[PDB]
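Heads up, this one has marimastat in it.
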Amino acid sequence: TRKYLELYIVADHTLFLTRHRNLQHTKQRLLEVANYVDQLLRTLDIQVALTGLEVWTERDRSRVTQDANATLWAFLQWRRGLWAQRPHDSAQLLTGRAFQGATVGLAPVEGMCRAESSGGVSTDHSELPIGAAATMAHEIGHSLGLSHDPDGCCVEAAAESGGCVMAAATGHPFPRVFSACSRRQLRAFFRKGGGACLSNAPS
Ligand SMILES: *[C@@H]1O[C@H](CO)[C@@H](O[C@@H]2O[C@H](CO)[C@@H](O[C@@H]3O[C@H](CO[C@H]4O[C@H](CO)[C@@H](O)[C@H](O)[C@@H]4O)[C@@H](O)[C@H](O[C@H]4O[C@H](CO)[C@@H](O)[C@H](O)[C@@H]4O)[C@@H]3O)[C@H](O)[C@H]2NC(C)=O)[C@H](O)[C@H]1NC(C)=O
Ligand SMILES: CNC(=O)[C@@H](NC(=O)[C@H](CC(C)C)[C@H](O)C(=O)NO)C(C)(C)C
Ligand SMILES: [Ca+2]
Ligand SMILES: [Cl-]
Ligand SMILES: [Cl-]
Ligand SMILES: [Zn+2]
């Protein structure tokens with residue numbers, strides 16, 4: 001019984017523009033962010049399989065604004081049509097837009113595999129790909145029913161180590177591991193029936 005996450009990642013038009021309208025380099029950024037997401041999720045014993053990749057080179061397919069929540073749900077609605085053509089477990093939007101309130105990412109809680117909510121949004125806020133990846137892994141965490149780490153969690157992964165992924169705030173150094181509290185919450189989530197779509201090994 002092994003767990004696999006079929007991930008579909010999207011780069012919005014703004015990100016494309018910040019990447020000098022360079023398709024190849026925008027795709028490379030997505031690939032490197034996806035690689036770090038895989039590294040982080042593997043500390044939960046979940047392997048990531050990059051199912052698909054998309055760059056909105058001419059226009060955003062869903063409305064992206066300063067409102068993180070509005071952006072998240074507009075993306076999720078668009079994701080429904082995407083899913084019908086390109087099946088995946090979770091779709092993640094990586095945006096070059098900055099959200100109001102210093103928010104860098106959002107995702108519906110316990111929505112993994114749900115038709116209306118299996119996705120998330122993250123701003124590419126750091127020069128380092130691991131920044132966006134830690135945010136994306138955090139949103140995927142919420143999708144898997146993980147809550148923010150209580151202060152008595154993340155016994156170790158010291159300050160200089162970046163801490164743990166489910167921390168409520170982010171910043172360099174970025175987290176590379178999920179806390180033991182997160183591990184326990186994930187196992188309970190799976191036992192209770194959540195994330196049923198993570199059971200298949202990608203073809
Ligand atoms: C993040 O952003 C999302 C999207 O904007 C918010 O989700 C919306 O939340 C509101 C309130 O919770 C929901 O409003 C309900 O809409 C129902 C009809 O929905 C249709 O129309 C909306 C708007 O055009 C579309 O988004 C949607 O796809 C549907 O086509 C109404 O029937 C509801 O009214 C009835 O129920 C309410 C509450 O139960 C009663 O008080 C009323 O008397 C009435 O009987 C209600 O107006 C809306 O549907 C949600 N949109 C979704 C699911 O996409 C999040 O709340 C927001 N998160 C935040 C800010 O925390
Ligand atoms: C640099 N900005 C931040 O640290 C913000 N935090 C976020 O944006 C969170 C995501 C980070 C990946 C931890 C977000 O609120 C969340 O929990 N989504 O699930 C602050 C603390 C300013 C609100
Ligand atoms: Ca799957
Ligand atoms: Cl168990
Ligand atoms: Cl049980
Ligand atoms: Zn959070």
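Numbering of residues begins at 1 and proceeds along the displayed sequence. Atoms within each ligand, like the ligands themselves, are counted from 1 in listed order. What you see below is based on every heavy atom in this structure, not just the backbone, and it leaves out hydrogens, waters and symmetry mates.
For marimastat, every matching ligand or chain, copies included, can be listed as ligand 2. Structurally, the greatest contact with marimastat is made by what the PDB entry calls adam 33. For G105, the heavy-atom gap to marimastat drops under 4.0 angstrom. Of all the atoms in marimastat, the ones that sit under 4.0 Å from a non-hydrogen atom of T103 are 8 (O). Closest to atom 8 (O) of marimastat, if we only count protein heavy atoms, is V104 N, 2.8 Å. For chain A, a heavy atom less than 4.0 Å from marimastat occurs in the following UniProt Zn(2+)-binding residues: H138, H142, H148.
Lab note: nearest UniProt active-site residue of chain A to marimastat, heavy atoms, 1 Å precision, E139, 3 Å. Protein heavy atom closest to atom 4 (O) of marimastat, with residue, atom name and distance, is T170 N, 2.9 Å.
At a cut-off of 4.0 Å, the other ligands and ions listed near marimastat are ligand 6 (zinc ion). Closest to atom 21 (C) of marimastat among all protein heavy atoms lies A168 O, 3.6 Å.
For atom 17 (O) of marimastat, the closest non-hydrogen atom of the protein is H148 NE2, 2.8 Å.
Looking only at heavy atoms of the protein, atom 19 (O) of marimastat is closest to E139 OE1, 2.8 Å. Distances from marimastat to the non-hydrogen atoms of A167 include at least one value under 4.0 Å. The entry attributes the origin of chain A to Homo sapiens. Regarding atom 2 (N) of marimastat, its nearest protein heavy-atom neighbour is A102 O, 3.0 Å.
Among protein heavy atoms, atom 12 (C) of marimastat sits closest to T135 OG1, 3.5 Å. Heavy-atom proximity to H142, at under 4.0 Å, picks out these atoms of marimastat: 17 (O), 19 (O). If you look at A134 next to marimastat, there are no close heavy atoms at all, none under 4.0 Å. Near marimastat, within 4.0 Å on a heavy-atom basis, the structure shows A102, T103, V104, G105, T135, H138, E139, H142, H148, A167, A168, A169, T170.
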Marimastat: protein N/O within less than 3.5 Å of ligand N/O:
unit_1: marimastat; atom_1: 2 (N); unit_2: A102; atom_2: O; d: 3.0
unit_1: marimastat; atom_1: 4 (O); unit_2: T170; atom_2: N; d: 2.9
unit_1: marimastat; atom_1: 6 (N); unit_2: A168; atom_2: O; d: 3.4
unit_1: marimastat; atom_1: 8 (O); unit_2: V104; atom_2: N; d: 2.8
unit_1: marimastat; atom_1: 17 (O); unit_2: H138; atom_2: NE2; d: 3.2
unit_1: marimastat; atom_1: 17 (O); unit_2: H148; atom_2: NE2; d: 2.8
unit_1: marimastat; atom_1: 18 (N); unit_2: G105; atom_2: O; d: 2.8
unit_1: marimastat; atom_1: 18 (N); unit_2: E139; atom_2: OE1; d: 3.4
unit_1: marimastat; atom_1: 18 (N); unit_2: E139; atom_2: OE2; d: 3.3
unit_1: marimastat; atom_1: 19 (O); unit_2: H138; atom_2: NE2; d: 3.2
unit_1: marimastat; atom_1: 19 (O); unit_2: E139; atom_2: OE1; d: 2.8
unit_1: marimastat; atom_1: 19 (O); unit_2: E139; atom_2: OE2; d: 3.4
unit_1: marimastat; atom_1: 19 (O); unit_2: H142; atom_2: NE2; d: 3.0

